[PDB]
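Structure of tenofovir diphosphate in complex with Nucleoside diphosphate kinase, cytosolic.
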Amino acid sequence: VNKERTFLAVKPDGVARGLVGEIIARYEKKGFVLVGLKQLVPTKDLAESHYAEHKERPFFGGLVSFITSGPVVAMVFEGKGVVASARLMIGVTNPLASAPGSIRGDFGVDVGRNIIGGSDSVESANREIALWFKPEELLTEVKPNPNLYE
Amino acid sequence: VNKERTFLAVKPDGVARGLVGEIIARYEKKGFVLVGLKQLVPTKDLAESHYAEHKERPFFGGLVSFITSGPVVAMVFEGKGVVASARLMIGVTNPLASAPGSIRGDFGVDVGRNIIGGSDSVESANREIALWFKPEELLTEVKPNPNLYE
Amino acid sequence: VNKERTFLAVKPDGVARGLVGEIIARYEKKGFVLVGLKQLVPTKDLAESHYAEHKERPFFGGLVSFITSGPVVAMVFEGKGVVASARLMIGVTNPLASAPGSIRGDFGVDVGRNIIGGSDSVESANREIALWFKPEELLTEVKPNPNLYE
Amino acid sequence: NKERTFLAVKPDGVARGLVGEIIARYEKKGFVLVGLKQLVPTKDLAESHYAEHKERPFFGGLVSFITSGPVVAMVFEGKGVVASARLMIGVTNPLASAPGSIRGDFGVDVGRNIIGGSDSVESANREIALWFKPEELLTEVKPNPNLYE
Amino acid sequence: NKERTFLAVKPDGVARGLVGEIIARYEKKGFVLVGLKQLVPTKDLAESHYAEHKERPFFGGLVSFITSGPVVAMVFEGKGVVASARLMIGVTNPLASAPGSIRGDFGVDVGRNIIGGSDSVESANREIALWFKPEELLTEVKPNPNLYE
Amino acid sequence: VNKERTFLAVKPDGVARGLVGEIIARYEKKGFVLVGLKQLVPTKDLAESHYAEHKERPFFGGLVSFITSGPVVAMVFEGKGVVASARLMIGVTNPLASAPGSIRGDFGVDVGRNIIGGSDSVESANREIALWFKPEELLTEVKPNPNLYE
Ligand SMILES: C[C@H](Cn1cnc2c(N)ncnc21)OCP(=O)(O)OP(=O)(O)OP(=O)(O)O
Ligand SMILES: C[C@H](Cn1cnc2c(N)ncnc21)OCP(=O)(O)OP(=O)(O)O
Ligand SMILES: C[C@H](Cn1cnc2c(N)ncnc21)OCP(=O)(O)OP(=O)(O)O
Ligand SMILES: C[C@H](Cn1cnc2c(N)ncnc21)OCP(=O)(O)OP(=O)(O)O
Ligand SMILES: C[C@H](Cn1cnc2c(N)ncnc21)OCP(=O)(O)OP(=O)(O)O
Ligand SMILES: C[C@H](Cn1cnc2c(N)ncnc21)OCP(=O)(O)OP(=O)(O)O
Ligand SMILES: [Mg+2]
Ligand SMILES: [Mg+2]
Ligand SMILES: [Mg+2]
Ligand SMILES: [Mg+2]
Ligand SMILES: [Mg+2]
Ligand SMILES: [Mg+2]
């Protein structure tokens, strides 16, 4: 449906490099609606829950340590196929292999400093949204631009 | 071969969302020359002729109704391989599947509100140009830049 | 009223330099609505009528010769105080004295190649619009955008 | 270098998709984002924020509009950020705002002015305390040697 | 239309990745690049560059900073390019520079004001001679009919 | 591996069309560090050495003649995988087949006027850097943004 939602986190590197506005603008221009937005410094608990699927992996510690190393801009966007579209707009895991035009393709070089990370699926998105945002922090009335949907 | 021409129409949704300038700029930056331009509200007969290839399709009535629902900005651009190039610059049928960097990839989310449409072939381009424009509305003297062509 | 209109002409230099889209986008982003648009090569009669106030000035011939020397993109924009606003967005007569941020301030260096010219008053706008466009080429209804106007 | 100001992207700015454009302008300028959140203001929050205009005829409509939809509240930090942020926005009448400024580039109606910033340090501190909780604001920052001497 | 000015994107401008942004602004304006190179300025070059301030206490600071890292030196040609380039940059204090100007859009501190241009034709000729060898400057340009009448 | 370097040349057409800043900005935004930069008019000897691999090609003369026909902006960028990344950011040989988002995809239409050319390998990059720049023209002290590499 056109009410699908995804969670996007502009990580510490993205925030430190002043790419917050650039990124938000790309999603606004696309037609997706911002239903949740806030800057915070993630706690270790939040970080470990966010990357829970990788808890047994060697790089787990580094992922958690980095996303908690500084301010992060957390956001939720709503729109048709937003989860898959947001991932396409970001690029692939490795910024160097991402095509120009994509966020990582235009601004990143390292996998561990890949600027932003979005939900990999609807299931993960619903899980992440509930983890990072309280219900009261999410819009309940969403009406995009009627020129966007048939 | 550098005199090839194609027909492009910023549809009602593209105009309503204020994307006319953005789109024209992309083609200008590319090196293509504007040889025809005008804003108009398509009539039903023009729309039905324009979309004649889908006259039997179930979504035909919808295509016609929408393209005639508001102002459209019709354009004709000239340049080497402009027909196929213009299509590549627009993206693919489904905006959600279009790569970032393309017009639809950057601004669209629904197939029925795909922002802009270009001729799919030289054959179609010549037909569409004659259908939407009068001879006197098209430049006869062009010759772009020596910086663009060998 | 919110239905005030002004006439803007991207002159041959602006068109040749590929600034048409850039210019249209600036006015679209501002909130003004395009109600008339077309590219044409002005006739001497049209040019002389357009610059009638300067009929007895030494530079009259030059203004006329230049605006008819190549394609021009004529447009009409509608919105509250659009006449004075469009002039402000363009800059002052001399591009070198125009502040960065304005069209001439950002793109021009010569008075005779000042890219674009807008109506200097509501009276001139109405005169110019009727001169460059036929009634059938102008949108009749626009309906105020709730996000732009009270 | 620790001065802070409160900026609110109004419902019209949010609805027109100008949030990113605006944040980018302040990031590019060199100011640091120390507070950020989207919310739909309540009547009380709106009236307190715009208390200085409470006696004016348009106050009712002003309050009704800012509470009509989502607003993106922000706090930016940097030397002279209060006056600088105002200069970047333009003047009260968007039509009189010079191109290059936010209102100059995007607005046409005084009642749909896109964004509003604190007019003084005193007002900024009041507004910041009104819209944000202490824990929602950064306490770090770390001076950037490329921005300040 | 042969007038020329010297522009130096200082270490802060280079470190902040604004070299392309700045060059693009002058290219779009219609001015022609007739000299360009990145270098790390030496003390003797810097002291001559800021000679008008040699008796002032901040002379040492201006010299130390412009020689602290990579600088992109450029020479642009065009009608009234000296005064125009200054207007495009803004005023000495970036906080007081209007949005739309380089310093107005990107700077916050006087000592980190990103770029500096010649203040007069006399200074431009003097500075161009100090920073560039004749062989590093274009001799063939040819006025663009779309920019000049 | 983060010290890898590549040679990029904005050819006469790219310079003449005013794309130098646009191009440099793209590489700056990506995170790569500018370690060498200068505008010059290549000599025949430099050109023939640069295109040595095509000495027996029928188009060799044309490549040499064009790159020496006007000012060129030569540059060297440093960063992880910069050689392959720079090529990807430029696009493919034929600008018409280059994807929107890439330099050639956004600005070119002719193979012979492809705007910019980058080293095709580390081997070629080191050869080209030594050919176009003296060691003293290249930075030895490099400090990329601290948020770019893990
Ligand atoms: C009152 C002002 C703009 N405004 C908003 N609505 C109106 C209206 N109907 N008539 C006149 N002015 C109006 O918005 C408040 P604000 O949003 O704070 O903008 P400002 O730039 O801070 O302006 P001020 O210093 O006066 O607070
Ligand atoms: C696990 C993934 C990539 N990754 C990030 N760091 C590492 C590492 N050290 N080893 C292997 N993989 C690594 O990072 C999480 P993420 O940055 O979210 O990438 P995604 O957007 O999910 O593709
Ligand atoms: C038939 C085509 C896309 N299309 C494909 N299927 C549909 C549908 N169900 N509703 C609306 N449009 C649809 O629309 C005409 P067009 O707008 O020209 O798109 P194109 O550039 O040709 O891909
Ligand atoms: C008369 C004015 C400027 N002008 C343009 N060319 C000349 C010239 N040769 N001598 C003196 N003035 C000149 O041009 C008309 P215009 O380009 O419309 O400027 P405006 O937007 O009306 O300020
Ligand atoms: C002297 C001027 C500003 N300035 C720069 N640093 C200082 C300082 N510490 N005290 C007083 N003035 C200072 O810097 C030279 P510049 O950066 O070239 O400014 P300009 O573009 O010439 O206006
Ligand atoms: C041989 C290749 C493209 N080319 C292919 N054929 C030609 C031709 N006839 N004229 C000019 N260039 C031609 O040009 C070298 P280059 O411009 O470096 O492209 P590259 O980035 O190496 O792919
Ligand atoms: Mg992930
Ligand atoms: Mg079609
Ligand atoms: Mg005039
Ligand atoms: Mg106020
Ligand atoms: Mg100075
Ligand atoms: Mg090559």
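A note on names: the letters A, B, ... follow the listed sequences, proteins ahead of strands, and every chain is numbered from 1. When a ligand or atom number is given, it counts from 1 through the structure's own listing order. The basis for the numbers below is simple: all heavy atoms, side chains too, and nothing from hydrogens, waters or symmetry mates. How was it done? The header gives X-ray crystallography, 1.6 Å.
Put simply, copies of tenofovir diphosphate show up as ligand 1. The other chains with any non-hydrogen atom less than 4.0 Å from tenofovir diphosphate (ligand 1) are C, D. With a 4.0 Å heavy-atom cut-off, tenofovir diphosphate (ligand 1) is reached by no atom of D:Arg112. For atom 15 (C) of tenofovir diphosphate (ligand 1), the choice among D:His53, D:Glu127, D:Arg86 with the nearest heavy atom turns out to be D:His53. Counting the atoms of tenofovir diphosphate (ligand 1) from 1 in the order shown, those under 4.0 Å from a heavy atom of D:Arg103 are 19 (O), 20 (P), 21 (O). Relative to atom 7 (C) of tenofovir diphosphate (ligand 1), the option among D:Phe65, D:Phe58, D:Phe59, D:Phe6 with the closest non-hydrogen atom is D:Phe58. At a 4.0 Å heavy-atom cut-off, tenofovir diphosphate (ligand 1) touches D:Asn113 through the side chain alone. In this structure, the other ligands and ions lying under 4.0 Å from tenofovir diphosphate (ligand 1) are ligand 10 (magnesium ion). With a heavy-atom cut-off of 4.0 Å, tenofovir diphosphate (ligand 1) reaches these UniProt ATP-binding residues of chain D: D:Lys10, D:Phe58, D:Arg86, D:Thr92, D:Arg103, D:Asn113. For atom 23 (O) of tenofovir diphosphate (ligand 1), the closest non-hydrogen atom of the protein is D:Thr92 OG1, 3.9 Å. Under a 4.0 Å heavy-atom criterion, D:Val110 is in contact with tenofovir diphosphate (ligand 1). The site surrounding tenofovir diphosphate (ligand 1), defined by heavy atoms under 4.0 Å, contains C:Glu150, D:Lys10, D:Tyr50, D:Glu52, D:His53, D:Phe58, D:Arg86, D:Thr92, D:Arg103, D:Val110, D:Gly111, D:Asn113, D:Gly117.
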